[PDB]
Trainee: 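My questions all concern the structure below.
The numbering of chain A matches the PDB entry: 12-245, 249-382, in order. Note that these values count all heavy atoms, side chains included, but never hydrogens, waters or copies made by symmetry. Ligands are counted one by one from 1 in listed order, and the atoms in each one are counted from 1 as well.
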Amino acid sequence: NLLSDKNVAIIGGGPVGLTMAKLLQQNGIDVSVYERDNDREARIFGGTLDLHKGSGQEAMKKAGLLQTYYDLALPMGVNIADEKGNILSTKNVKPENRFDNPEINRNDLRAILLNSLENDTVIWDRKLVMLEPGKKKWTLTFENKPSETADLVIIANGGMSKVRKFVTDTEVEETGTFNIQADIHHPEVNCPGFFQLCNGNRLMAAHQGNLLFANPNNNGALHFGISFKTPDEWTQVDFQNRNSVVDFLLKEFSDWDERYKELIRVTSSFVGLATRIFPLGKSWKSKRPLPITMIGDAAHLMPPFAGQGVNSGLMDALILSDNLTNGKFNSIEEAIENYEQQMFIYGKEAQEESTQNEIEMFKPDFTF
Ligand SMILES: Cc1cc2c(cc1C)N(C[C@H](O)[C@H](O)[C@H](O)COP(=O)(O)OP(=O)(O)OC[C@H]1O[C@@H](n3cnc4c(N)ncnc43)[C@H](O)[C@@H]1O)c1[nH]c(=O)[nH]c(=O)c1N2
Ligand SMILES: CN1CCN(CCCN2c3ccccc3Sc3ccc(C(F)(F)F)cc32)CC1
């Protein structure tokens, strides 16, 4: 009843926005996703995602996609190593826990979600640049493309979103840590020592404030990340110049075993990213001119040290879609308010845990 003869615009087709769209569409809602990516073949850079029972997996189950996820996800164990390459502990996944949070490639998750939507639900090459509330509909302005209208706008376009001001004046913050990520293709050949160290498990190591994480099998590539407190001199490293990054990393990792150094020396290109947070604090704006809200990283971007990132976003989509379709609310505004009040609770909890882990993980003495 709330959305009958109305349409919904979701801004951003990340995992959270696409899940949003599926959950609305399967209830007969007219919904479009506007995604800035030029088309669906653009690869998504990054590590794997794990969906949790009761949150991310509950969104997939409601959508009819839980088995689809299971079929493309891998449970993976964890090895903790020290800087010398000694395995300090090894924890494999017991078979009764194979469904707790198996890891899925981000492109596979995207494909699962896109395949679940009706044709032309996602409108590619649509970068939203501005919103304007009319008498009853939002007008959406896109970069060099014709405008569109919607009764309800859901901001789902990630942590650096510039279209949040109708919802909140909160600004994204840097937390003081920095991340460098890279993929190694054919790792069994190109970083064989480190690949054997992982031994089919994820690997984590920490030494003198420098952290290293690796997944040796993300659809055949090894993905790794290195994190550290942002240096005071900084960004004096040009991530377009691999020689500049290799030089910086080899100094920081000078005391690490050569299996780690070879990882750095053979990487083709590096991606640098300051850690950021979009902090939940005082309430969002009340009495907005037309119905609008935010989900996912746009709502509560958070340091990736607690593993709660995408799962809290998928809970947003589950809660918001239920409120918009369960027939219990007298207005779209009230369904939104109910979602936001719930999400401020679990969102603040996740953000606190992420921020606490971050403080603790970068203390000079930290051990996993
Ligand atoms: C290094 C690192 C490591 C991890 C993680 C992050 C980082 C940086 N995370 C966090 C997790 O990946 C994150 O929570 C999700 O990607 C959030 O998904 P969203 O769909 O909200 O945003 P996401 O950023 O994925 O999607 C936003 C979409 O909007 C599009 N877009 C942006 N601006 C637009 C515009 N103006 N108009 C239209 N479209 C626009 C983008 O192209 C993109 O498709 C994580 N999480 C987790 O659960 N487990 C983990 O292990 C990790 N690990
Ligand atoms: C158990 N689980 C606890 C929480 N996460 C936090 C690390 C997330 N992540 C990361 C974090 C900061 C900077 C870069 C990266 S890339 C990356 C690569 C592999 C793994 C890896 F190791 F998971 F495969 C994890 C990460 C680590 C593993």
Trainee: Name of the drug or drug candidate at ligand 2?
Mentor: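 It's trifluoperazine.
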Trainee: If you rank chains by contacts with trifluoperazine, which one has the most, by name in the PDB entry?
Mentor: Flavin-dependent monooxygenase
Trainee: Which residues from the surrounding chains have any heavy atom less than 4.0 Å away from trifluoperazine?
Mentor: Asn190, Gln192, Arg213, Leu214, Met215, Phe224, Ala225, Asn226, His234, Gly236, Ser238, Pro318, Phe319
Trainee: Okay, for chain A, which organism does the deposit list?
Mentor: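 The PDB lists Escherichia coli.
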Trainee: Can you tell me which residue and heavy atom of the protein come closest to atom 26 (C) of trifluoperazine, and the distance to 0.1 Å?
Mentor: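 I find the closest protein heavy atom is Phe224 CB, 3.7 Å.
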Trainee: Would you say atom 3 (C) of trifluoperazine has a protein heavy atom nearer than 4.0 Å?
Mentor: no
Trainee: May I ask you to list the atoms of trifluoperazine that are less than 4.0 angstrom from any heavy atom of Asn190?
Mentor: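 Once the distances to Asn190 are compared, the set is 12 (C), 13 (C).
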Trainee: May I ask you to identify the nearest protein heavy atom to atom 28 (C) of trifluoperazine, giving residue, atom name and distance to one decimal place in Å?
Mentor: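 Going by distance alone, atom 28 (C) of trifluoperazine is nearest to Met215 SD, 3.6 Å.
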Trainee: Considering only the protein, which heavy-atom contact is closest to atom 8 (C) of trifluoperazine, and what is its distance?
Mentor: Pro318 O, 3.4 Å
Trainee: Within the 4.0 Å heavy-atom shell around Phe319, which atoms of trifluoperazine are there?
Mentor: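 The atoms of trifluoperazine under 4.0 Å from a heavy atom of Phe319 are 11 (C), 12 (C).
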Trainee: Which other ligands or ions lie close to trifluoperazine, meaning under 4.0 Å away?
Mentor: ligand 1 (dihydroflavine-adenine dinucleotide)
Trainee: Find all atoms of trifluoperazine within a distance of less than 4.0 Å from any non-hydrogen atom belonging to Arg213, and give their numbers and elements.
Mentor: 22 (F), 23 (F), 24 (F)
